[PDB]
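In what follows, chains are A, B, ... by sequence order, proteins preceding strands, each numbered from 1. Header says: X-ray crystallography, 2.2 Å. For the numbers below, each heavy atom of this structure counts, side chains included, while hydrogens, waters and symmetry mates do not. Just follow the structure's listing: the first ligand is 1, and inside any ligand the first atom is 1.
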Amino acid sequence: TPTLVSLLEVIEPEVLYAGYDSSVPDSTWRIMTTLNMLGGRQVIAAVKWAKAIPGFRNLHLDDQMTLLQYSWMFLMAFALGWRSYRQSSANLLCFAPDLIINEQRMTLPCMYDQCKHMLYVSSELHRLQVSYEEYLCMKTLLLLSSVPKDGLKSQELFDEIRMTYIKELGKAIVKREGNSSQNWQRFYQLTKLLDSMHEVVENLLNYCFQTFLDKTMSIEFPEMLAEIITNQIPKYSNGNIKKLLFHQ
Amino acid sequence: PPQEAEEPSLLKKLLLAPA
Ligand SMILES: C[C@H](NC(=O)C(C)(F)F)[C@H](Oc1ccc2c(cnn2-c2cccc(C(=O)N[C@@H]3CCOC3)c2)c1)c1ccc2c(c1)OCCO2
């Protein structure tokens, strides 16, 4: 009264519509271009959400730019994983109410590769039966899970914020169960999924950056994603990325 | 027109925008 997890619940971005036209047969171009446009709108919701996260607007504006530019795909993939889990038991990729990627759509050329990585996040969320509260704390933690090699400007403050959300996730795990050995075992399992997201997003961005730089594919990108991708392409090499892991 | 400091970044514009 008020908990940080109830604040996260209030600020959780709404499920947006794709604006997909289903009165014309499917094609990979139409689906990927639509998911790109929808993706730019999801990035906007994520920035608006980050601004309401207690502690974030205390970081310097360059750190705020930095974390969103590094974490945007982690948020989208994780929230897609959550929706696909609750709505289909991780069988369908529930991008938008008007655009579900079912078995048929996955078989479309170029589709399956990016899809399997998304279905892995949802498979894991399903297999661990992640609760709403654990999901909200995990998602905040994914915004604070990658920083530059040399660090952020508000480093001590960033460390305070991340610790706050590591403790919120702890409380959501305790509330869900209440057994001390099973508590840390569940913390281990949830935190393992957070760690494994680094590789999921590394594969998502490697295909995403290939599609963005591909002159032949002609797949469109929204202006918001076009600018983040322009920055993050040189950030992968030389590697100015420090993964903040819970295990290793 | 007068000199301005309009922000070119869409991300930075979203981060500065109220409220
Ligand atoms: C940029 C990528 N483009 C490429 O990879 C490419 C193909 F162009 F190269 C694009 O990524 C995504 C990834 C998730 C996406 C979207 C659009 N909606 N959702 C989504 C759904 C549910 C919740 C949230 C979410 O963010 N929710 C809240 C808001 C803020 O926080 C919480 C976001 C686009 C992509 C394009 C086509 C794909 C694809 C991936 O994977 C499957 C095969 O087709």
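As PDB records put it, the drug at ligand 1 is velsecorat. In this structure the chain with most contacts to velsecorat is the one the PDB entry names Glucocorticoid receptor. At a heavy-atom cut-off of 4.0 Å, other chains contacting velsecorat: A. Per the entry, the source species of chain A is Homo sapiens. The nearest heavy-atom contact from the protein to atom 34 (C) of velsecorat is A/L35 O, 3.3 Å. No N or O atom of A/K139 sits closer than 3.5 Å to an N or O atom of velsecorat. Residue A/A46 approaches velsecorat through these ligand atoms, each under 4.0 Å from one of its heavy atoms: 30 (C).
By UniProt annotation, the domain of chain A supplying most contacts to velsecorat is NR LBD. Using a 4.0 Å cutoff on heavy atoms, A/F221 counts as a contact of velsecorat.
The part of A/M118 lying near velsecorat is the side chain, judged by heavy-atom distances below 4.0 Å. Counting heavy atoms under 4.0 Å from velsecorat, residue A/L225 touches it through the side chain alone.
Between A/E12 and velsecorat, not a single N/O pair is under 3.5 Å apart. Distances shorter than 4.0 angstrom occur between a heavy atom of A/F95 and an atom of velsecorat. At a heavy-atom cutoff of 4.0 Å, velsecorat is contacted by both the backbone and the side chain of A/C208.
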Starting from the N and O atoms of velsecorat, find every protein N or O within less than 3.5 Å and list the pair with its distance.
unit_1, atom_1, unit_2, atom_2, d
velsecorat, 3 (N), A/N36, OD1, 2.8
velsecorat, 5 (O), A/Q114, NE2, 2.9
velsecorat, 18 (N), A/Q42, NE2, 3.4

